[PDB]
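These notes are about the structure you will find just below.
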Amino acid sequence: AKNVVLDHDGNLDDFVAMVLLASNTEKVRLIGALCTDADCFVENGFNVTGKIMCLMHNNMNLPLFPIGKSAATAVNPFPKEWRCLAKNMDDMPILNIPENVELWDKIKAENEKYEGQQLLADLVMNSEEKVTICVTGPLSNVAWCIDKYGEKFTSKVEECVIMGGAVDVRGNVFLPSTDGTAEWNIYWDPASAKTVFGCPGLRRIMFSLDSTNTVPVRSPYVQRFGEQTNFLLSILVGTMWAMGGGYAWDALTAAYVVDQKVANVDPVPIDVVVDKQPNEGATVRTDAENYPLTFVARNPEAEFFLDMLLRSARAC
Amino acid sequence: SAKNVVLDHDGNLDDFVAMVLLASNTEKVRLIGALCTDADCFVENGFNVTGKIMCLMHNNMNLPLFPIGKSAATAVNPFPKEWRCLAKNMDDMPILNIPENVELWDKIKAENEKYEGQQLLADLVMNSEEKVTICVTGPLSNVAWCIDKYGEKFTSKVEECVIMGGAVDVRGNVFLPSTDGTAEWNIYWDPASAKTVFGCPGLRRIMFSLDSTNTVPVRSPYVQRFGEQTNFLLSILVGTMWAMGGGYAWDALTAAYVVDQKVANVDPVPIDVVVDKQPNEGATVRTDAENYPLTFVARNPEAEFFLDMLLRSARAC
Ligand SMILES: O=c1[nH]cnc2c([C@@H]3N[C@H](CO)[C@@H](O)[C@H]3O)c[nH]c12
Ligand SMILES: O=c1[nH]cnc2c([C@@H]3N[C@H](CO)[C@@H](O)[C@H]3O)c[nH]c12
Ligand SMILES: [Ca+2]
Ligand SMILES: [Ca+2]
Ligand code: NA
């Protein structure tokens with residue numbers, strides 16, 4: 001197993017990603033998580049992370065791990081309508097089973113001591129073996145670590161597997177002020193993304209919309225979780241997919257961390273537009289000589305991923 | 001002992017909580033049919049969720065199967081698209097997709113597909129041996145269609161209509177550039193049909209307007225109590241729906257009254273509906289017309305009684 005830290009922002013797919021990482025203990029040792037006030041309100045995202053962790057800890061061999069709220073602030077906030085989803089999950093029956101909330105109330109204070117950005121730096125730098133960071137929210141926290149510690153941090157990262165961007169397809173940030181070329185995780189904090197994508201010392205795998213677009217979440221698939229209601233994780237994952245849209249963005253990204261068979265990768269030099277322009281947050285190919293490479297996921301194995309998640313959701 | 005009830009709903013989350021409340025209380029309520037309207041739902045999804053809930057309950061608490069119809073009613077003023085997708089979400093929920101339950105729904109779905117809800121409502125009421133209570137949790141289009149078609153032949157077979165809709169002495173919830181905020185959505189969706197219903201002399205009406213429903217908020221701690229009951233399919237179902245929903249229990253409170261009238265005392269008010277294209281289109285207003293029919297408006301509902309009733313009902317299976 002390899003050490004993994006989940007750096008997430010508390011939306012539905014972030015939590016599916018969490019379940020995928022945590023359930024696959026043969027491949028993944030989940031040593032920490034941080035939650036950012038991006039596509040959630042951070043207190044709800046924090047609480048849902050804890051409730052999921054406690055449910056799993058009480059039902060399978062999943063060690064407890066530190067959970068930290070990130071101090072990162074938005075450059076461009078997510079729509080309020082999407083940010084409420086962690087609040088909904090916080091109230092779900094599956095996450096409010098007596099034995100699990102009792103545990104979470106008990107261990108909450110220890111996790112309240114953490115600040116997410118510092119926790120990420122510490123977990124990576126203090127690890128004996130290198131750490132894979134799975135980033136399913138904005139890149140603010142990885143950038144903070146790079147800015148503060150530089151090579152002391154980046155040399156300890158096995159790879160940064162990132163959900164974000166849109167390279168050779170349209171983005172998903174459609175606002176009166178934008179041209180639709182940017183993707184939301186990057187748009188939330190463009191400068192931090194620029195720091196991450198341009199860092200020569202960091203290995204990066206990028207699940208941009210180019211790959212996530214090709215793995216739709218369809219109703220008959222979601223309904224298959226209904227065949228598994230004796231498994232708590234299947235109630236959980238099925239419920240979250242049922243509440244979500246048509247994509248599995250962050251879950252696909254986490255699936256790759258579990259098993260790289262999920263997608264092939266192509267090296268591309270990726271820059272980020274940080275200017276206050278219609279294309280703010282766009283991830284763009286750059287011709288600059290010696291610009292660092294990012295390994296962009298291509299043609300993901302949709303069926304393999306979908307099977308992986310269904311199976312993983314039988315862990316408990 | 002049990003009284004005949006038909007649920008006339010539009011497939012939002014509280015409509016389905018209402019359905020569970022009616023169906024789970026078999027001592028008091030014999031649920032003889034349901035219809036779904038293409039209002040605060042896409043009707044195919046509301047139809048499927050109704051079937052899936054009924055089948056789950058049939059297989060786990062012996063709830064008798066009943067006809068489910070889709071209404072052909074069309075909006076005068078349609079609900080926002082962003083609210084109408086919730087039945088689609090529910091249709092994909094694990095709790096509603098357990099194989100034994102879905103196989104039962106698959107077996108009986110085609111017979112239900114063939115109904116048209118408006119005629120179904122008329123037939124269920126008129127062909128019943130005993131009088132029928134109609135619990136209306138969407139727009140009033142279907143009750144109006146029956147009154148228009150059959151008049152006294154229909155209304156004489158109705159025990160009462162228990163209606164979620166309107167706003168009498170409080171503001172509404174229809175907030176548009178063209179409105180003054182005094183109308184409530186179920187009425188605003190089809191004002192003319194609501195007018196027909198509230199002005200009908202042959203008919204006992206109980207009205208849960210925003211006056212009463214505003215006073216029973218659905219809060220996180222209460223919703224989280226369903227987590228104590230995850231051994232019950234209905235607690236997973238109801239808790240999930242409240243967790244997904246907004247701040248109120250509109251239709252569920254309305255159904256609770258059908259189960260037990262101690263939910264609220266009522267106040268007779270002559271209710272007219274504004275149908276002209278004015279800022280308060282869809283408003284339920286007091287009318288001073290002589291000998292105008294009375295509607296019994298719920299006042300000061302028993303919140304704790306309701307909250308307890310629902311937690312208990314959600315332990316039926
Ligand atoms: O429509 C949406 N609802 C909730 N979250 C997202 C996102 C978030 N941003 C990423 C995909 O662009 C992914 O991490 C997801 O959590 C994009 N679009 C939506
Ligand atoms: O936010 C809302 N505004 C207006 N109506 C509703 C509803 C539906 N409309 C009715 C309350 O206006 C009730 O029957 C409910 O099912 C849910 N949420 C809202
Ligand atoms: Ca995310
Ligand atoms: Ca309704
Ligand atoms: Na159909």
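In what follows, chains carry the letters A, B, and so on, assigned in the order in which the sequence lines appear, proteins first and then strands, with residues in each chain numbered from 1. The figures that follow rest on heavy atoms only: side chains count, while hydrogens, waters and symmetry mates do not. If you check the header, you will see the structure was determined by X-ray crystallography, 1.4 Å. Note that ligands are numbered from 1 as they come in the structure, with each ligand's atoms numbered from 1 the same way.
By its PDB name, the drug at ligand 2 is forodesine.
Here, the chain sharing the greatest number of close atom pairs with forodesine (ligand 2) is referred to in the PDB entry as IAG-nucleoside hydrolase. Other chains within a heavy-atom distance below 4.0 Å of forodesine (ligand 2) are, by letter, B.
Annotation for forodesine (ligand 2): atoms under 4.0 Å from non-hydrogen atoms of B:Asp15 are 16 (O).
The ligand atoms of forodesine (ligand 2) that sit less than 4.0 angstrom from a heavy atom of B:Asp40 are 7 (C), 8 (C), 17 (C). Residue B:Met164 approaches forodesine (ligand 2) through these ligand atoms, each under 4.0 Å from one of its heavy atoms: 10 (C), 11 (C), 13 (C), 14 (O).
Looking at B:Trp83 against forodesine (ligand 2), only its side chain comes within 4.0 Å, counting heavy atoms.
At a heavy-atom distance under 4.0 Å, only backbone atoms of B:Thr137 (N, CA, C or O) approach forodesine (ligand 2). With ligand atoms numbered from 1 in the order given, forodesine (ligand 2) contributes 10 (C), 11 (C), 12 (O) to contacts under 4.0 Å with heavy atoms of B:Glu184. When each atom of forodesine (ligand 2) is checked for a heavy atom of B:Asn186 under 4.0 Å away, the hits are 9 (N), 10 (C), 13 (C), 14 (O). The protein atom (non-hydrogen) at minimum distance from atom 17 (C) of forodesine (ligand 2) is B:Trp250 CZ3, 3.4 Å. The residue from B:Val174, B:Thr254, B:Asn12, B:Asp251 that puts a heavy atom closest to atom 14 (O) of forodesine (ligand 2) is B:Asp251. Atom 5 (N) of forodesine (ligand 2) has as its closest protein heavy atom B:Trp185 CB, 3.8 Å.
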May I have the N/O to N/O pairs between forodesine (ligand 2) and the protein that fall below 3.5 Å, each with atom names and distance to one decimal?
unit_1	atom_1	unit_2	atom_2	d
forodesine (ligand 2)	9 (N)	B:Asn186	OD1	3.3
forodesine (ligand 2)	12 (O)	B:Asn173	ND2	3.0
forodesine (ligand 2)	12 (O)	B:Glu184	OE2	2.6
forodesine (ligand 2)	14 (O)	B:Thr137	O	2.9
forodesine (ligand 2)	14 (O)	B:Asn186	ND2	3.0
forodesine (ligand 2)	14 (O)	B:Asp251	OD1	2.6
forodesine (ligand 2)	14 (O)	B:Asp251	OD2	3.1
forodesine (ligand 2)	16 (O)	B:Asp14	OD1	2.7
forodesine (ligand 2)	16 (O)	B:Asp14	OD2	3.3
forodesine (ligand 2)	16 (O)	B:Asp15	OD1	3.2
forodesine (ligand 2)	16 (O)	B:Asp251	OD2	3.0

